[PDB]
Student: 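Quick one: structure with acepromazine.
We number each residue from 1, following the sequence as shown. Just so it is clear, the values below take in all heavy atoms, side chains as well, and ignore hydrogens, waters and symmetry mates. As the structure lists them, so they are numbered: ligands from 1, and atoms in each ligand from 1.
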Amino acid sequence: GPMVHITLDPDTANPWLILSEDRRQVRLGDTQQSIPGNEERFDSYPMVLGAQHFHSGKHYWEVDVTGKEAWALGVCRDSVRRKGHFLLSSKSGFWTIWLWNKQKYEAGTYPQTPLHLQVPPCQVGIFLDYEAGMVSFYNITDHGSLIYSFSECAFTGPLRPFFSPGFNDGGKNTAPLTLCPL
Ligand SMILES: CC(=O)c1ccc2c(c1)N(CCCN(C)C)c1ccccc1S2
């Protein structure tokens, strides 16, 4: 079935992130870690990928976001640029939604799409359908209602799970993103 056990890829993790020993959780740090400047590491935002690669098929996983004032989740091409600033956009190889400022939910279309959520999600489900060209986001707290779906994605190559526990703000928002047991 589509449920997949995601683990986080340490080689991609921005130095402002702290990964748990089992690589199932990630949070913002108060200072940057001193770690290699390898080509796969996001250097400008607190972002990290899952280790898993998807070339085809249906895949599903869930993330706990309880109480966080900001986070971003989704899928991206493995080929996305890792160094420098960029637009989180489905024109740039990312299919993502996010929260910031405690109550501003947006989908990473270009331009961005505001999302009106009646129930703030505590857990989010991410469903990837490679052949259908779809990435769908579900509000587990609201009985699995649809938050947003990207369609007509027309994927090539491997895709990766994408995560951010927030941006750097002054040590705020330090609770982790946690991959839920499935
Ligand atoms: C849209 C875009 O390219 C974009 C690029 C990077 C980031 C981002 C938006 N925001 C949303 C804006 C935060 N700014 C205003 C500080 C975000 C949200 C949750 C977690 C991490 C991040 S960092």
Student: Quick one: which ligands or chains are acepromazine?
Tutor: ligand 1
Student: State what acepromazine is bound to in this structure, picking the chain with most contacts and naming it per UniProt.
Tutor: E3 ubiquitin-protein ligase TRIM21
Student: Pick, from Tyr110, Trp100, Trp71, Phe163, the option with the minimum heavy-atom distance to atom 12 (C) of acepromazine.
Tutor: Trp100
Student: Specify the protein heavy atom at minimum distance from atom 8 (C) of acepromazine: its residue, its atom name, and the distance to 0.1 Å.
Tutor: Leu88 CD1, 4.4 Å
Student: Which species is recorded as the source of chain A in this PDB entry?
Tutor: Homo sapiens
Student: Using a strict cut-off of 4.0 Å, indicate which atoms of acepromazine neighbour a heavy atom of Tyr45.
Tutor: 6 (C)
Student: For atom 10 (N) of acepromazine, state whether the nearest protein heavy atom is under 4.0 Å away.
Tutor: no
Student: Nearest protein heavy atom to atom 20 (C) of acepromazine, by residue and atom, and its distance?
Tutor: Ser164 OG, 3.5 Å
Student: Which UniProt domain of chain A gets most of the contacts from acepromazine?
Tutor: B30.2/spry
Student: Going by the order shown, which atoms of acepromazine are within less than 4.0 Å of some heavy atom of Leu87?
Tutor: 3 (O)
Student: Give the single entry among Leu99, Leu177, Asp169 that approaches atom 18 (C) of acepromazine most closely by any heavy atom.
Tutor: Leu99
Student: May I ask you to list the atoms of acepromazine that are less than 4.0 angstrom from any heavy atom of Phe86?
Tutor: 3 (O)
Student: So if I count the atoms of acepromazine from 1 in the order they appear, which ones are less than 4.0 Å from some heavy atom of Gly166?
Tutor: 20 (C), 21 (C)
Student: Which residue and non-hydrogen atom of the protein lie closest to atom 17 (C) of acepromazine, and at what distance in Å?
Tutor: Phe167 CD2, 4.2 Å
Student: Which residues from other chains neighbour acepromazine at a non-hydrogen distance under 4.0 Å?
Tutor: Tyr45, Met47, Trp71, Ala72, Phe86, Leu87, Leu88, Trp98, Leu99, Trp100, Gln112, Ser164, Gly166, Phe167
